[PDB]
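Bound state: 3C-like proteinase nsp5 + ensitrelvir.
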Amino acid sequence: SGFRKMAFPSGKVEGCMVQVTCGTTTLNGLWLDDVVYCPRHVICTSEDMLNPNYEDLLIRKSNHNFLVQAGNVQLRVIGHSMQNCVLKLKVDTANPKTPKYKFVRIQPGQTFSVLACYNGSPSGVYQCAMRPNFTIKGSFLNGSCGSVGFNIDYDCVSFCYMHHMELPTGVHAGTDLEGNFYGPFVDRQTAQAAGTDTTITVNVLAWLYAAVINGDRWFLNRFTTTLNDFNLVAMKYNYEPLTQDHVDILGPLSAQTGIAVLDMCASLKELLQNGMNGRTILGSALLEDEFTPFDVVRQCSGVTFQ
Amino acid sequence: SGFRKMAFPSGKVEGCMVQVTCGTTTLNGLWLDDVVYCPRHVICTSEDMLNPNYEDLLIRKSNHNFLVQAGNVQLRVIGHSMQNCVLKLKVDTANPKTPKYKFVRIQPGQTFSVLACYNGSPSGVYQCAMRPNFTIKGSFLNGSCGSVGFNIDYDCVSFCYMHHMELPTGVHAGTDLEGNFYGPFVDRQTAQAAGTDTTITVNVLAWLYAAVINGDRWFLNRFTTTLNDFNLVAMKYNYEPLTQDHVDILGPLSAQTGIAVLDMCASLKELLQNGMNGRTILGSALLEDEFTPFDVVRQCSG
Ligand SMILES: Cn1cnc(Cn2c(=O)nc(Nc3cc4cn(C)nc4cc3Cl)n(Cc3cc(F)c(F)cc3F)c2=O)n1
Ligand SMILES: Cn1cnc(Cn2c(=O)nc(Nc3cc4cn(C)nc4cc3Cl)n(Cc3cc(F)c(F)cc3F)c2=O)n1
């Protein structure tokens, strides 16, 4: 029993984090096979930045400029190239700690563990959620660029994120491992912010199902709504429209809890209106939207990810 | 910027987890050097649940009774001893993944990470705090015995918790790696219950300093309070008393933010008499108490 925000065991990823240095610029890199991936903003000087020309800035370089630091062993770079906003440094040695891995791109509302590293040395791990505004509410000090977000499926590490920058609002923005930025952003210093965020409704309903599994059953009413009626109330309170796909995903939790979706959307409708009346659900004084429905199965029913 | 709950990279502990099986009992084991640490409850059966004589049951097992499984590799147990509530198993191979480790015993209010493991297979990692009542509000299922709590300090793993049992309230009780239980609990099925939990005050004040560092500033006042007038109010709200030590440990946060500790104690005193009038601190609508002044300084700026 008990419920916590849980991340995947970051062991497999820690062996791939390396330090990449270009000029005075230093950040973290992901070393898989004989290639090191890092933000392409590493070849940037404050003299460029602002309005860059990465393709241009790129070619005019060398292979001894990039100091790929793996621990205190150095790596000979033998070729660079771009791929959207991610730079790939080809090095002479395959990473012997390379896991089963694939690059994936996540939809908003999906969750992933973040291994925040500073100067190639992993420092902390936590569990994030892709916000609807395509930002993540991370905790990143300076020099966090190159920190990677991932998930683990059996023994396959699914790299879905790479850190790039903090917005002035305080949230963070990055790309997938193929350079495609998450959201309406570019990798430079301009005044940038994204759309006003919204609650991931499907994750809140999965969090309520976890509270019922943990005996926290006070919010359960006796009523039932429709997807049409719920989404109309959901729009008012900056909640994401719940769709039919979202419903089917909550199927297992419904049958294992004995409740029902829409019946749960009845409780959430009331909670979105009355508030919680000074009570707490799983000890939280808000509504949590950082647990996907599969996250709740992994933490209450559960499988191990070695 | 941004303030998250942050556990340590569980990489070094994953390489130490094994699966210990004694008869039909299968919990997780901590493989360090040529010794495998695990809760001594693994040597129990159905009849031995309420009042086990573990010394009787231990001089009651042979080395061939223990099955240790690091991945596909079965390990050969060549000795079984007991120190308090943890069973120690000599194996003929040392774990080549063994880190720089040391066994420490934390005090209530100290935080640590937890690697939840099932059948020697790590499944997840999260951040706990040792509650003042010596339990932890962890997340654990059946098969999670042997899961360890830890902190990491310059690639040196400090093992400070080993999960043994879940209490009726749903909180969890375990031992240090020397087998000494945290709290008035014993590894038996005797109906047990922990004292009434309280909020770690010094952790809340540390979290409030972390909010002001992050520019957050919806909750400060012009007031100050005496340490005894603060403790008098905090105790009325199931809060821990604040010692002169706790005031000194909050020293460097009071320095880096220019807000004296007793000034912040007044800002907390006001917070408890009103609530939050809707507003949130660092995204929380409740007061956080699982960030030590160490973690707060760790995660925050300079
Ligand atoms: C507080 N915070 C939250 N997230 C971040 C991530 N982040 C970062 O780590 N570094 C950045 N600029 C650099 C300065 C360097 C100085 N040296 C010696 N080396 C440096 C390397 C970097 Cl990468 N930035 C700023 C930033 C980085 C970008 F890649 C980008 F496209 C726009 C930006 F404004 C940063 O946000 N820090
Ligand atoms: C739901 N939950 C959350 N945390 C825990 C911790 N925990 C555990 O993992 N296992 C326990 N009993 C066992 C039964 C077994 C059945 N087989 C085949 N093998 C078994 C092994 C164990 Cl270890 N317990 C109960 C428990 C374990 C103790 F070590 C103890 F001293 C008293 C207890 F009541 C448990 O709490 N479960």
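Chain lettering follows the listing: the opening sequence line is A, and each later line takes the next letter. Here chain A follows the PDB entry, giving residues 1-306 in order. All chain B residue numbers match the PDB entry; in order, they span 1-302. Order of appearance sets the numbers: ligands from 1, and atoms from 1 within every ligand.
- Taking 4.0 Å as the heavy-atom limit, the other chains contacting ensitrelvir (ligand 2) are A, B.
- The list of other ligands and ions under 4.0 Å from ensitrelvir (ligand 2) is empty.
- The source organism field of the entry for chain B says Severe acute respiratory syndrome coronavirus 2.
- Short contacts between ensitrelvir (ligand 2) and B:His164, defined as distances under 4.0 Å to a heavy atom of the residue, involve ligand atoms 27 (C), 28 (C), 29 (F), 35 (C), 36 (O).
- For ensitrelvir (ligand 2), the polar-atom distance check finds no N/O of B:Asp187 at less than 3.5 Å from any of the ligand's N/O atoms.
- For ensitrelvir (ligand 2) and B:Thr25, the ligand atoms under 4.0 Å from any heavy atom of the residue are 19 (N), 20 (C), 21 (C).
- Which parts of ensitrelvir (ligand 2) touch B:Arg188 is read off a 4.0 Å heavy-atom cut-off, strictly below it: atoms 31 (F), 32 (C).
- Among the atoms of B:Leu27, none of the N or O lies under 3.5 angstrom from an N or O of ensitrelvir (ligand 2).
- The B:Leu141 neighbourhood of ensitrelvir (ligand 2) comprises atoms 1 (C), 2 (N), 3 (C), 4 (N), 5 (C), 9 (O), 37 (N), with distances under 4.0 Å to a heavy atom of that residue.
- Within a 4.0 Å radius of atom 15 (C) of ensitrelvir (ligand 2), the protein has no heavy atom.
- Distance from atom 13 (C) of ensitrelvir (ligand 2) to its nearest protein heavy atom, with residue and atom name: B:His41 CE1, 4.0 Å.
- Heavy-atom proximity to B:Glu166, at under 4.0 Å, picks out these atoms of ensitrelvir (ligand 2): 1 (C), 2 (N), 3 (C), 4 (N), 36 (O).
- Polar contact check, B:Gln189 against ensitrelvir (ligand 2): no nitrogen or oxygen pair lies under 3.5 Å apart.
- Per-residue contacts place B:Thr24 under 4.0 angstrom from the following atoms of ensitrelvir (ligand 2) (heavy atoms of the residue considered): 18 (C).
- There is a protein heavy atom closer than 4.0 angstrom to atom 5 (C) of ensitrelvir (ligand 2).
- At least one N or O atom of B:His163, backbone or side chain, sits closer than 3.5 Å to an N or O atom of ensitrelvir (ligand 2).
- Residue-ligand proximity, B:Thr26 to ensitrelvir (ligand 2), at heavy-atom distances under 4.0 Å covers atoms 19 (N).
- The largest share of chain B residues contacting ensitrelvir (ligand 2) lies in UniProt domain Peptidase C30.
- The residue-level binding site of ensitrelvir (ligand 2) (heavy-atom cut-off 4.0 Å) is A:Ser1, B:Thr24, B:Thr25, B:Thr26, B:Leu27, B:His41, B:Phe140, B:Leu141, B:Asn142, B:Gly143, B:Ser144, B:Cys145, B:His163, B:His164, B:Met165, B:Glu166, B:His172, B:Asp187, B:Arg188, B:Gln189.
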